[PDB]
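The following structure holds CP-690,550.
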Amino acid sequence: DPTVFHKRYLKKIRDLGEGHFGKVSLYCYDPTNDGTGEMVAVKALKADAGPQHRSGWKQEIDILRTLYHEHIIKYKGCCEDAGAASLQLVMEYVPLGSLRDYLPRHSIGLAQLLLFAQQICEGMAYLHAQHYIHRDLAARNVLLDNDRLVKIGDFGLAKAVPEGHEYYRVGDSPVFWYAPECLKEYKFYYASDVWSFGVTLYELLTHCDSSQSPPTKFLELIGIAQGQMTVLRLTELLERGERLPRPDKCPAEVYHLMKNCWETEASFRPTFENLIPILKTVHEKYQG
Ligand SMILES: C[C@@H]1CCN(C(=O)CC#N)C[C@@H]1N(C)c1ncnc2[nH]ccc12
């Protein structure tokens, strides 16, 4: 699947981001040279990269080729880049950008946040239905299309789960979004994405305020006196049962659900399938 965009019609406008070994850029695709052309977000493999990076990139392209859902960024096509000697990944451009760039500048109410949470779970259930783990679920990878719509917008760490396994075995790791089993056993379950969702939910309820972020909060608890032992120390504080605190005006019951996504024991966490009904009921509740 499907379309081939010719780089001769692609006009670079703007850098939108930088993720793993890729950059996402805004282009205008203008065959008729008119300005009528469509704006598209284009992900490319970085200005230098080795065999590990490249084998990953091919996997990312194939995963995003086969995903199709209301709350997953729309895959539009590829672009030969000869170049870097690989393809560029072309997707729809969502101009409001990530929740991480958006929420710190726009006072969004509780009901809308829970709606986004519901929607993130929907996309994640679908993704788990298709047998993938995301491994990088955080507010910076959730795109606000409008208002009443979010999409999961990046798959750079996503992996298929081996058809006869419960997990995938794994640096650039977003460790402050990771469950203990990922930091310790280096295994990544479906339940491990639910932990990350709990942190993303915490991010939303704090409007992604930089001072309240997980790295900031966790490094305040851990201290920076021994950088060598950050992961070790994070794992111990988590296994001790210490958690990220309640965000201001977070309803008691929502922090409860948050904590339940943070069960130390993975099997005690809800699936994304479990969360969809709970979230949409709590969403409904908070409008009226
Ligand atoms: C949040 C989106 C996913 C992560 N982004 C990266 O740059 C990852 C890498 N490398 C940016 C992207 N983003 C700001 C976007 N912004 C606007 N439209 C977009 N369409 C698709 C992505 C996108």
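Quick note: residue numbers are just sequence positions, from 1. Indexing begins at 1, ligand by ligand and atom by atom, following the structure's order. These numbers come from the heavy atoms of this one structure, side chains and all, not from hydrogens, waters or symmetry mates.
The chain that CP-690,550 (ligand 1) touches most here appears in UniProt under the name Non-receptor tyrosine-protein kinase TYK2. The proximity of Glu92 to CP-690,550 (ligand 1), defined as any non-hydrogen pair under 4.0 Å, is limited to the backbone.
Of the candidates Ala41, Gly153, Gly156, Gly153 brings a heavy atom nearest to atom 3 (C) of CP-690,550 (ligand 1). For CP-690,550 (ligand 1), the UniProt domain of chain A with the most contacting residues is Protein kinase 2. Result for chain A and CP-690,550 (ligand 1): the nearest UniProt active-site residue and heavy-atom distance (1 Å) are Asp136, 7 Å.
Per the entry, the species of origin for chain A is Homo sapiens. Heavy atoms of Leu143 found under 4.0 angstrom from CP-690,550 (ligand 1) belong exclusively to the side chain. Of all atoms in CP-690,550 (ligand 1), listed by their number and element, those nearer than 4.0 Å to a heavy atom of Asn141 are 4 (C).
The residue from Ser25, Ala139, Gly19, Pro95 that puts a heavy atom closest to atom 9 (C) of CP-690,550 (ligand 1) is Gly19.
In terms of polar-atom proximity, defined here as any N/O pair under 3.5 Å, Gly97 makes no such contact with CP-690,550 (ligand 1).
Near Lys43, meaning under 4.0 Å from any of its heavy atoms, are these atoms of CP-690,550 (ligand 1): 9 (C), 10 (N). For CP-690,550 (ligand 1), the atoms sitting less than 4.0 Å from at least one non-hydrogen atom of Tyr93 are 17 (C), 18 (N), numbered in the order shown with element in parentheses. Within 4.0 Å of CP-690,550 (ligand 1), judged by non-hydrogen atoms, the site holds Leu16, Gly17, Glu18, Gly19, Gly22, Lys23, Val24, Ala41, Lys43, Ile73, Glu92, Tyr93, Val94, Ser98, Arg140, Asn141, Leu143, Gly153, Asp154.
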